[PDB]
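The model presented next includes TAS-120.
Numbering of chain A is taken from the PDB entry, so the residues present carry the numbers 464-486, 490-588, 592-644, 663-762, 764-765, in order. Quick note: numbers below take in every heavy atom, side chains included, and nothing from hydrogens, waters or symmetry partners. First listed ligand is number 1; within each ligand, the first listed atom is number 1.
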Amino acid sequence: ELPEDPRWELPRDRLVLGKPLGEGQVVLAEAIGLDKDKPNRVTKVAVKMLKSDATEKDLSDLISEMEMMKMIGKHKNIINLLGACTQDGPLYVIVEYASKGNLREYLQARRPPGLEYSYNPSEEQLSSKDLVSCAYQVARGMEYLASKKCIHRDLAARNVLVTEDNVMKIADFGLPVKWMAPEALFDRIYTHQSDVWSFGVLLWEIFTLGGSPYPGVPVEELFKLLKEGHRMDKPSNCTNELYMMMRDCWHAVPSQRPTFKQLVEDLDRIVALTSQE
Ligand SMILES: C=CC(=O)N1CC[C@H](n2nc(C#Cc3cc(OC)cc(OC)c3)c3c(N)ncnc32)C1
């Protein structure tokens, strides 16, 4: 029995459940009067709830996700908590809707069709500057979360969502081996520094327009290969400077990786110098 929290509570009648977005389960919905000072406006939102066949660990995880989202607060580049329906029936956690889906899918749909190398499984191509701008927005979100002492633990382009206005939003930050820092694979030590590693894999995903990391490398081998100083090759269409940044994020010594603060400052600069092509 969840306790009431009138900071977040939305009467269930104010919510109109629409179509599934993916499977907890997430469904599109329309929310009437989220804003106290605009009670006759409807907003599109995503609603996370348990599946039919759920347990009581699945519930306690859903509740802890919600509680962490209330603590972390709002930022443009994270999926923000908007509300909750907790009392009059099954738990609904209401969050921002991102109409263009996850980043992996978004980039894939925008591949040039003629690349035998990486087919388009589906939109307008992304310029060089737009791709860098994507990386910058993800780094800003992660900079905010780290400032709030949140360790993501599964940062990847599949865990970034894209809004109607092409805003990148970190998802699932309040709750796979190919994104994990060596020290996370082995010693299960998760830090802001391991999140930086994951961000490097995510940069690589960006500049390969949603490629699969370590292609053809069996998971079983990966720790050994990384300990021996194996890193992914530069993506064909990536500048040497952005590759340097990737490689820095993949420093073996965690203390030697850049912070999200530095990454944001470096990407801010790169975006401004990046072109038309
Ligand atoms: C990996 C992709 C994936 O699962 N997708 C892509 C579309 C779909 N989806 N999944 C979505 C979600 C979600 C979500 C739900 C949450 O509930 C607590 C928390 C969270 O991160 C803070 C994100 C979502 C959304 N917010 N807006 C639009 N589409 C959404 C499911």
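In this entry, more contacts with TAS-120 (ligand 1) come from one chain than from any other, and UniProt calls that chain Fibroblast growth factor receptor 1. Only the side chain of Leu630 comes within contact range of TAS-120 (ligand 1), with a heavy atom under 4.0 Å; no backbone atom does. Contacts with TAS-120 (ligand 1) closer than 4.0 Å are made by no heavy atom of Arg570, backbone or side chain. The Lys514 neighbourhood of TAS-120 (ligand 1) comprises atoms 15 (C), 16 (C), 17 (O), 18 (C), with distances under 4.0 Å to a heavy atom of that residue. Any N or O atom pair closer than 3.5 Å counts here, and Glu562 shares at least one such pair with TAS-120 (ligand 1).
Shown in contact with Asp641 at under 4.0 Å from a heavy atom are these atoms of TAS-120 (ligand 1), numbered in order with element: 20 (C), 21 (O), 22 (C), 23 (C).
From TAS-120 (ligand 1), the nearest residue that UniProt flags as active site in chain A, along with the heavy-atom distance to 1 Å, is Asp623, 9 Å.
Per-residue contacts place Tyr563 under 4.0 angstrom from the following atoms of TAS-120 (ligand 1) (heavy atoms of the residue considered): 27 (N), 28 (C). Residue contacts with TAS-120 (ligand 1), taken as heavy atom pairs separated by less than 4.0 Å, involve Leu484 via backbone and side-chain atoms alike. With a heavy-atom cut-off of 4.0 Å, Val561 touches TAS-120 (ligand 1) through its side chain alone. TAS-120 (ligand 1) has a nitrogen or oxygen under 3.5 angstrom from a nitrogen or oxygen of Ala564.
Close N/O approach between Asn568 and TAS-120 (ligand 1) is not found [any backbone or side-chain N/O within under 3.5 Å]. Short contacts between TAS-120 (ligand 1) and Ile545, defined as distances under 4.0 Å to a heavy atom of the residue, involve ligand atoms 20 (C), 21 (O), 22 (C), 23 (C). Across chain A, the UniProt domain dominating contacts with TAS-120 (ligand 1) is Protein kinase. For TAS-120 (ligand 1), the atoms sitting less than 4.0 Å from at least one non-hydrogen atom of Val492 are 10 (N), 11 (C), 12 (C), numbered in the order shown with element in parentheses. If you look at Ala640 next to TAS-120 (ligand 1), the close heavy atoms, those under 4.0 Å, come from the backbone and the side chain alike. Heavy-atom contacts of TAS-120 (ligand 1) within 4.0 Å involve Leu484, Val492, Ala512, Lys514, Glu531, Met535, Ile545, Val559, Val561, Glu562, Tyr563, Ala564, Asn568, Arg627, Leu630, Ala640, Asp641, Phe642.
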